[PDB]
Q: 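Next up is a structure, given as structure tokens.
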Amino acid sequence: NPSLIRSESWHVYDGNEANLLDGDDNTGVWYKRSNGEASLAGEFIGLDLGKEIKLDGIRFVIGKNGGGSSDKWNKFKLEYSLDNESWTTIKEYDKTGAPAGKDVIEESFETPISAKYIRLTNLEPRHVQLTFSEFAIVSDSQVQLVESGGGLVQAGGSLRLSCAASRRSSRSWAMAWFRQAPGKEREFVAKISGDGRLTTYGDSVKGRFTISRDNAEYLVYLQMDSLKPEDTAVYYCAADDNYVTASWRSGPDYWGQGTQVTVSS
Amino acid sequence: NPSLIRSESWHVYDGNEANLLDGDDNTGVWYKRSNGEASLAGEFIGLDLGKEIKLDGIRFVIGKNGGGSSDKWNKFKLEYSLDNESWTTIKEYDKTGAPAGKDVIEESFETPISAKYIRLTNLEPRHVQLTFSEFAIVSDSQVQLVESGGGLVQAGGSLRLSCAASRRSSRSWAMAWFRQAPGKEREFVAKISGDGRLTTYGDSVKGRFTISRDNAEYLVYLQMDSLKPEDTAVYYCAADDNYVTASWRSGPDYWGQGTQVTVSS
Amino acid sequence: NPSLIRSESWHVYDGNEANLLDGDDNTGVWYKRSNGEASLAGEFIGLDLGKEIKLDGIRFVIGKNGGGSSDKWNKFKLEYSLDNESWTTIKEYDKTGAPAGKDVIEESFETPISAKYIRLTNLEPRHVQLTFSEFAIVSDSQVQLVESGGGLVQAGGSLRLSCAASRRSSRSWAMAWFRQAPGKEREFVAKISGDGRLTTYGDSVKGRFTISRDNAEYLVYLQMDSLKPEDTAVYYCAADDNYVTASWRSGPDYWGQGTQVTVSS
Amino acid sequence: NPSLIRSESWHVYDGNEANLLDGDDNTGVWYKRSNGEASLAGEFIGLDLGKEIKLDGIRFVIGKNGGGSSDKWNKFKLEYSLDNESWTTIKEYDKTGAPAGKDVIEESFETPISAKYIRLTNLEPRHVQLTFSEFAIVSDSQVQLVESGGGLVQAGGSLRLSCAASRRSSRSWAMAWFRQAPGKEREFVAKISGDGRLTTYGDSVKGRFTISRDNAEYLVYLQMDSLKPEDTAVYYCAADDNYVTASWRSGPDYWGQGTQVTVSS
Amino acid sequence: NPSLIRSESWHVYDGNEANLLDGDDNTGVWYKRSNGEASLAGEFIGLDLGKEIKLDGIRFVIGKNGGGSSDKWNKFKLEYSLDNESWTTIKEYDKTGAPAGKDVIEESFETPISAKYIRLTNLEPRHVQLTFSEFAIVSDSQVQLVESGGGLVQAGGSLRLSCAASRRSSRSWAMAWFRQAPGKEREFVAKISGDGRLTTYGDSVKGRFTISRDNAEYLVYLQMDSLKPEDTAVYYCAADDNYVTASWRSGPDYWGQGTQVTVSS
Amino acid sequence: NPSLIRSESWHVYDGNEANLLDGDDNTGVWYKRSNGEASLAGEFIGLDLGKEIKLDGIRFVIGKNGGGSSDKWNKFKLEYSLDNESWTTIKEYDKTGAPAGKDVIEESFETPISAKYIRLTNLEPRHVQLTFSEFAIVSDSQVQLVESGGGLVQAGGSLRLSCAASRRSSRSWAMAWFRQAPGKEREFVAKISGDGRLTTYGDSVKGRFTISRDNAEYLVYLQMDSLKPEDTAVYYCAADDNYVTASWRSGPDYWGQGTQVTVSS
Amino acid sequence: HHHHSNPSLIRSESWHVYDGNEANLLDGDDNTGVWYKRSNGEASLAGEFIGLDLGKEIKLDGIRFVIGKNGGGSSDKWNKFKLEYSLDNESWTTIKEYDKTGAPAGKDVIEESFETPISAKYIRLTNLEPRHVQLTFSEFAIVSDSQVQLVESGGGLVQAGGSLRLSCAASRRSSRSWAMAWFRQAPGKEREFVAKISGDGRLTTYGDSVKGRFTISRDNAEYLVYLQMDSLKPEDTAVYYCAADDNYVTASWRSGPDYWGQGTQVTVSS
Ligand SMILES: CN(Cc1cnc2nc(N)nc(N)c2n1)c1ccc(C(=O)N[C@@H](CCC(=O)O)C(=O)O)cc1
Ligand SMILES: CN(Cc1cnc2nc(N)nc(N)c2n1)c1ccc(C(=O)N[C@@H](CCC(=O)O)C(=O)O)cc1
Ligand SMILES: CN(Cc1cnc2nc(N)nc(N)c2n1)c1ccc(C(=O)N[C@@H](CCC(=O)O)C(=O)O)cc1
Ligand SMILES: CN(Cc1cnc2nc(N)nc(N)c2n1)c1ccc(C(=O)N[C@@H](CCC(=O)O)C(=O)O)cc1
Ligand SMILES: CN(Cc1cnc2nc(N)nc(N)c2n1)c1ccc(C(=O)N[C@@H](CCC(=O)O)C(=O)O)cc1
Ligand code: NA
Ligand code: NA
Ligand code: NA
Ligand code: NA
Ligand code: NA
Ligand code: NA
Ligand code: NA
Ligand code: NA
Ligand code: NA
Ligand code: NA
Ligand code: NA
Ligand code: NA
Ligand code: NA
Ligand code: NA
């Protein structure tokens with residue numbers, strides 16, 4: 001019975017992985033990444049077949065329901081292996097430009113390939129939070145902003161976060177990053193105007209951190225360089241219709257749940 | 001004039017640091033600790049005096065009013081310093097076995113010592129949740145459960161949590177730990193009987209986590225070893241008059257506000 | 001003007017029964033009991049108002065500033081009488097689980113109550129040593145161990161004794177009973193470990209005596225069955241940090257002041 | 001017309017038997033016993049109805065006014081007879097724990113009962129000095145010390161004495177027994193300390209005689225074993241506010257009026 | 001597949017016990033009791049599960065339709081077992097004062113419970129006549145007077161009977177008990193008025209038997225003390241709209257079916 | 001009848017293990033230890049008594065005579081066993097800062113203990129050279145300089161050495177270490193002023209080894225790091241009245257007898 | 001009137017018994033003995049002596065003096081000294097000289113043989129150079145066929161402008177390091193801080209009442225503590241005490257110390 005294998009750096013954010021092996025194209029999973037937002041080349045997801053078998057084709061469904069932010073990889077391969085060490089490329093893909101949403105990857109093997117594992121592997125870095133719906137073989141109430149990237153980092157390092165959304169608004173929004181360290185008040189960290197042209201920074205981070213967004217892909221990014229331990233905190237991303245009020249706790253009309261960042265000495 | 005200095009990994013669960021300077025013995029702070037409940041040795045709390053000065057004595061009140069869980073260090077030292085790099089012991093205390101509650105620590109310096117900083121520093125690890133009431137120099141209630149510890153630790157590491165109480169019941173309670181990731185439901189994790197003799201675990205945490213209690217100190221503990229990303233959640237600790245019903249979301253008659261563990265990758 | 005009335009078989013261990021009517025909530029009385037530790041059903045404490053009056057309510061404070069062993073009844077009733085032979089319940093209470101200490105009992109009678117006497121009366125046997133603080137109506141610093149239950153019993157009879165502490169230690173003690181007839185040496189009787197899981201009994205009493213502890217309420221007990229007049233003696237309870245040494249006059253670090261037990265024939 | 005009947009071995013001390021039949025709950029009779037202080041199985045008190053008649057209830061007040069020493073049986077039965085030789089039981093009782101003072105026993109019978117006789121009969125030996133206030137059917141300042149037990153006894157046998165008190169004290173009192181043969185002195189027999197921990201005896205009695213006290217019930221006892229004809233005398237009980245002075249004649253502050261003991265050859 | 005189990009001291013009056021397992025709330029079973037009417041602590045009714053299995057919940061429906069006499073325990077507890085020797089409590093219940101008739105007890109084990117046996121068990125003597133309607137698990141007309149109590153007893157013993165009814169009259173009745181030895185004629189034993197204020201007895205049970213009624217519960221009781229062999233008989237309970245004629249064979253308009261009582265030497 | 005038993009890492013320097021069993025406080029034994037001078041926690045010395053027996057006390061003399069160097073553990077425990085596998089603590093001693101000399105550990109076991117073994121066991125490490133005098137149950141000459149450490153360690157490691165002395169001079173001595181391989185010359189290793197403020201090391205060793213001394217305790221130590229086979233030799237400690245002549249074969253006025261060090265590959 | 005009298009003990013006048021009594025010096029028991037303090041300076045000066053008065057002139061085959069005394073404690077013996085005798089008590093001929101420098105504390109036996117007898121009326125030990133120790137002794141014969149203790153010695157009386165050295169010795173020797181300190185308590189007044197020194201001797205402090213006049217020192221090898229007092233003054237009068245603390249900081253407070261001497265009286269006239 002086929003089980004799911006995938007890059008260890010991903011955490012499940014919504015949904016659960018059983019959804020991926022269930023036959024429904026409308027159940028899915030949304031993944032944050034653990035140490036920095038961008039999916040590296042090398043990263044993979046796909047399935048362990050239990051034992052060597054003779055595949056007549058496959059049907060993997062990547063991305064998920066919703067308008068929302070781009071959710072798939074750009075350049076990837078479909079590869080199968082017998083020893084989980086050595087892999088063999090069946091097909092390269094370029095989905096650069098693809099709209100957000102389910103994409104059905106349905107491949108057909110005229111000549112039944114024989115393999116114990118089969119997966120998709122990223123080929124180039126990809127700054128977007130990945131979602132997926134279904135993975136199988138052929139053997140004949142609202143809106144959420146979501147932050148991602150973020151874990152343990154060494155003093156003086158860099159780490160980068162990303163905010164994505166489940167639906168695409170028809171208006172422009174100012175986006176902002178705040179942080180809260182335990183038992184303290186939520187601080188302002190940075191904001192950016194809807195069109196990207198105006199940005200300001202809290203005093204603590206000026207120089208080190210950089211905010212930015214990509215509207216085509218529908219994500220916002222915070223780059224933290226030269227980190228310190230007093231940077232430890234949960235980081236929230238927030239959406240405000242008014243750039244002037246975007247750097248005030250009582251400004252953002254929409255908040256993410258936050259991603260925890262710790263910097264050790 | 002004088003300001004408080006204390007350990008950087010503590011944070012305030014209740015009341016606030018001005019209570020510890022207000023001149024009044026019944027205004028306190030109750031601290032929690034980030035990344036492990038236990039208070040390591042080297043941990044400290046005391047005064048930054050402002051400038052080099054002739055001290056005739058100190059009166060520190062440690063522990064805070066109430067007959068709940070144990071709120072004091074066991075073995076600690078009172079030391080002072082001019083530069084805040086080098087410290088000198090005035091005294092050493094062994095308060096092992098002291099009942100919870102205020103402890104007035106009063107000293108005269110027959111010989112006017114001269115310091116800029118003076119504090120209590122911890123000598124052996126303490127698995128309680130520290131409270132405090134006053135810190136001076138001389139110179140010429142409905143029941144609340146509280147989880148502590150919790151922070152971010154990387155996959156495969158360990159973290160331990162504790163749950164204190166603000167009042168001590170004359171009945172005997174089962175205790176449990178639940179967890180709840182955002183959006184998922186609240187899972188049962190581990191329960192323990194009144195007398196610590198019986199315990200049971202949930203399938204996923206079975207054999208990685210251990211639950212214990214120390215009734216004389218009135219704390220419950222949770223040791224998590226071999227941590228996984230799927231362990232990330234808010235951990236709540238709960239009490240229930242019935243060991244059977246304690247593993248059920250509706251068993252407990254009391255709950256903590258929770259603490260956050262995150263496992264990175 | 002109104003005066004106190006209570007079960008006869010109690011006697012004052014500490015405080016005075018003036019403190020009961022004195023107006024002050026910090027003055028109380030600590031009570032041992034005579035022929036057996038446990039307060040039985042039927043036992044009472046209350047006022048005789050010295051004539052029939054109209055009552056708007058009562059305020060009885062029970063327990064007494066405590067941070068030690070349970071000092072209250074569990075199930076009692078509040079009742080009044082005209083002639084002292086008929087008693088009519090006004091309210092029944094169930095304080096099972098109550099932390100030790102003051103408990104204010106304040107009642108208002110929308111229509112007045114015509115009463116000559118009014119009291120708390122206990123409904124279920126209780127194994128604790130009772131304390132009390134104040135009894136009004138409305139119209140317009142270091143440790144003690146106390147033993148209780150001592151008195152006089154016919155040969156072949158039974159007696160139960162208990163021992164309470166005034167303060168509750170953060171460390172675990174083994175507890176032991178000893179006895180000492182006048183002019184004789186003090187002879188070990190029984191010992192129980194911290195967690196009550198280990199017990200051993202002096203050669204003289206094996207088979208007739210049981211030692212037990214309830215840690216939640218902070219009491220130790222000695223049940224004496226099949227007594228004979230050789231058992232007559234002052235009975236002491238004591239605590240030793242070490243169980244091994246608990247059965248030797250010099251092990252213990254704190255001693256009770258003992259209750260006399262006398263077996264006639 | 002109905003007259004009183006009761007155990008022969010008793011005999012009046014205070015008031016007289018006509019107060020027991022006067023309609024008044026506040027007049028009574030206080031009995032001493034002879035040939036032992038304790039009242040035994042079968043001892044009884046009740047009414048000779050004169051002639052055989054029908055009853056709808058009874059009302060017996062037992063004990064006498066005042067919160068002195070305990071004064072009622074513990075376990076007794078209410079029984080009646082036509083012929084006076086054999087008896088049938090109605091209710092049984094357990095007044096163990098009862099306060100001292102009047103206790104009313106109002107019974108009404110669903111079926112009328114006819115009888116020449118009806119009484120209360122003791123079921124279990126009771127070491128107390130018996131009082132009674134009133135006996136009726138239905139047909140539609142200074143304290144005071146008392147010695148009881150003892151009259152005539154064959155040499156080398158045993159006899160038990162008790163001493164009751166009429167008021168009860170806030171304070172603790174050493175209690176002593178003294179005897180006085182006509183013609184001679186008041187010889188000290190035995191004292192006991194307030195708590196009952198300390199006792200001393202006259203050399204004439206040491207090892208044959210035991211003093212003991214029941215501070216609950218409020219009574220002191222002298223158990224006397226293997227008596228000699230020179231033990232003959234008036235035995236008295238006294239109270240001294242100081243145990244040290246309690247074996248001297250001018251020590252006791254309160255003195256009973258003595259009870260005759262006589263040991264024939 | 002699951003089998004019923006219940007107290008051995010019960011026998012069925014009406015109903016088939018498979019009714020308790022059909023999954024229908026409107027088909028039930030009325031039980032008589034074997035030795036005396038009153039259900040004692042520890043009695044029980046529940047399921048033999050066949051082998052050890054894992055429950056998610058249970059649904060038990062106690063009492064039976066018809067607003068007759070009360071038909072359920074007051075205090076009782078749901079408990080389970082692995083072996084039939086040992087029982088763990090899931091839930092204690094207080095239904096004091098609940099009205100006659102079915103009552104669905106539904107419970108849900110949020111984590112499964114492993115049991116082979118699960119039942120309800122009485123906690124306090126209950127003087128009714130128990131009826132029950134249905135027992136299940138989850139794992140992924142005319143009026144009848146009924147008599148009960150009564151089996152075999154030693155002479156001189158005691159035994160007590162009850163009469164229940166299946167429907168409640170708005171008219172108020174006199175009740176009476178009658179016995180008949182076989183061949184021998186039906187003999188009057190005792191009667192009671194509707195308000196219980198009036199009673200009379202058959203000549204031979206004079207003094208030894210007591211008739212009584214509880215109208216809130218709708219039961220009548222016969223207490224038999226001091227039994228004789230001659231008391232052997234079937235005892236019938238009867239309703240008569242007129243007390244005067246309740247003692248007469250041709251008086252009572254309603255009759256029970258009888259319960260055998262038997263006295264041996 | 002009883003045999004001695006001690007840690008294996010030890011060897012007799014003076015006296016023999018008969019003197020510890022001889023019943024003479026004045027005979028005794030002095031021990032060095034292998035592979036490291038210092039005494040590790042869990043090291044022990046005591047008695048095997050063949051059968052298990054009922055002990056009434058013990059009398060152990062630790063240290064032996066002389067006003068030489070410190071000769072006892074600081075923190076240790078008396079413990080017994082029946083199996084030689086698990087051990088129950090009886091007492092625990094803190095002898096920190098006792099004078100050198102013998103010390104009588106006499107314990108009286110008021111309720112007897114049955115053990116097959118009983119020993120003293122070290123708690124914290126102890127940089128001394130242990131001497132001992134007598135071990136009993138109850139049932140009813142110019143100076144010597146001694147070197148300790150010595151053994152066989154492997155390349156790249158670490159080994160420490162102690163020098164102690166049988167008496168203590170009022171003169172203040174420079175101390176030094178010297179080594180020699182068979183066939184070869186005796187070479188200066190390192191030297192320290194009497195007050196320790198002054199060191200100089202040999203050439204083949206500067207940076208690697210450390211010499212230190214504890215005057216209060218009267219010991220000198222040699223800490224060796226990164227040992228080479230070159231380092232194999234007997235090692236000698238020696239005292240010299242002039243720090244300057246102390247690095248010269250001819251200077252020193254008193255010599256050890258060496259302890260054999262052996263590094264291997 | 002028939003008598004036989006043994007010889008009798010003689011020693012310098014400055015000394016005074018602290019522990020024991022001198023009967024012990026003559027009782028033929030090595031295990032009894034005497035501890036001496038000195039008045040008017042702690043330190044034994046050259047010329048100080050102890051020995052025997054023989055009663056009349058006599059013929060010695062030898063002597064056996066046991067100096068020091070049963071001690072694991074601080075140093076108890078002179079360093080350089082001579083054995084000498086006299087017939088008149090007015091002049092002395094040296095028999096033997098010793099250099100015991102470096103000796104352990106405790107009893108040292110000095111048994112001496114006299115191949116050809118020496119006849120004398122007095123024979124004794126005499127110090128040869130100043131010794132800052134606190135002298136004990138145990139027996140003196142001829143031949144014819146629980147808890148610890150700190151002790152302050154020195155001073156008594158000395159006038160204005162003067163000088164004085166005090167000393168503290170102990171009956172046993174701890175294996176922990178102690179800070180040591182001096183305190184004075186004038187009559188009726190409170191006990192006052194004086195000076196203190198770290199166990200290792202590298203740190204000291206003096207009360208302002210005395211800084212720059214007094215000096216606190218120690219000899220850890222010998223186990224004694226010294227207090228040099230210069231430029232004195234009548235207001236320096238007090239019983240002086242010495243004390244040990246495990247804490248150099250609490251050392252100067254009237255309650256930090258865990259051991260006190262019974263004190264030595266200093267009195268300064270002008
Ligand atoms: C559940 N418990 C906390 C509790 C119990 N056992 C523990 N055991 C350990 N080891 N650690 C703990 N933190 C711990 N905590 C409680 C429960 C109630 C009250 C309390 O005040 N209870 C009720 C019941 C008493 C009443 O009737 O008033 C009350 O309101 O007083 C205090 C603590
Ligand atoms: C021994 N114990 C009494 C005690 C312990 N366990 C019990 N357990 C039961 N079941 N019943 C008891 N009566 C009982 N009593 C103690 C011991 C110390 C202190 C205490 O307050 N001691 C002071 C003195 C020293 C200190 O600070 O540690 C203290 O502060 O601890 C209180 C109670
Ligand atoms: C006699 N009574 C039984 C009855 C009455 N009082 C009691 N009182 C007590 N305490 N206990 C009882 N068991 C008890 N039982 C009755 C009488 C009639 C009906 C009844 O249902 N009768 C018919 C006919 C009478 C009518 O309804 O007009 C009907 O219509 O149902 C029920 C119960
Ligand atoms: C205070 N000290 C005296 C001491 C220490 N260092 C000194 N140093 C110098 N230079 N001069 C001194 N006079 C001096 N005196 C002490 C203190 C205690 C013990 C002693 O015997 N201590 C304890 C500790 C040993 C134990 O726990 O048994 C004991 O009871 O024996 C000895 C010397
Ligand atoms: C060299 N010294 C050993 C000594 C000195 N300081 C040390 N210091 C420390 N830290 N550690 C040591 N082991 C140590 N050992 C000695 C030397 C002689 C005597 C001694 O008994 N000397 C002779 C000879 C010198 C004399 O006493 O006149 C004697 O008479 O006893 C004692 C200890
Ligand atoms: Na799916
Ligand atoms: Na807004
Ligand atoms: Na405060
Ligand atoms: Na519950
Ligand atoms: Na009061
Ligand atoms: Na003791
Ligand atoms: Na009367
Ligand atoms: Na008197
Ligand atoms: Na049914
Ligand atoms: Na009729
Ligand atoms: Na020996
Ligand atoms: Na030399
Ligand atoms: Na001597
Ligand atoms: Na100290």
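Below, chains carry the letters A, B, ... as their sequence lines are ordered, and counting in each starts from 1. As a basis for the values below, the full set of heavy atoms in this structure was taken, side chains included, without hydrogen atoms, waters or symmetry mates. Method reported for this entry: X-ray crystallography, 2.9 Å. Counting convention: from 1, in listed order, for ligands and their atoms alike.
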Q: Which compound, drug or drug candidate, is present at ligand 4?
A: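 At ligand 4, it's methotrexate.
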Q: At the binding site of methotrexate (ligand 4), which chain contributes the most contacts (name from the PDB entry)?
A: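 The chief chain, as the PDB entry names it, is nano CLostridial Antibody Mimetic Protein 3 VHH.
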Q: Provide the letters of the other chains having heavy-atom distances to methotrexate (ligand 4) under 4.0 Å.
A: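 Heavy-atom contacts come from F, G.
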Q: What would you say the binding site of methotrexate (ligand 4) is, if we count heavy atoms under 4.0 Å?
A: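 Within 4.0 Å (heavy atoms), the residues are F:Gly97, F:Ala98, F:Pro99, G:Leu150, G:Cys168, G:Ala170, G:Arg172, G:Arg173, G:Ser174, G:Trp178, G:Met180, G:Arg218, G:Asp219, G:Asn220, G:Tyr223, G:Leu224, G:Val225, G:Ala244, G:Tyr259.
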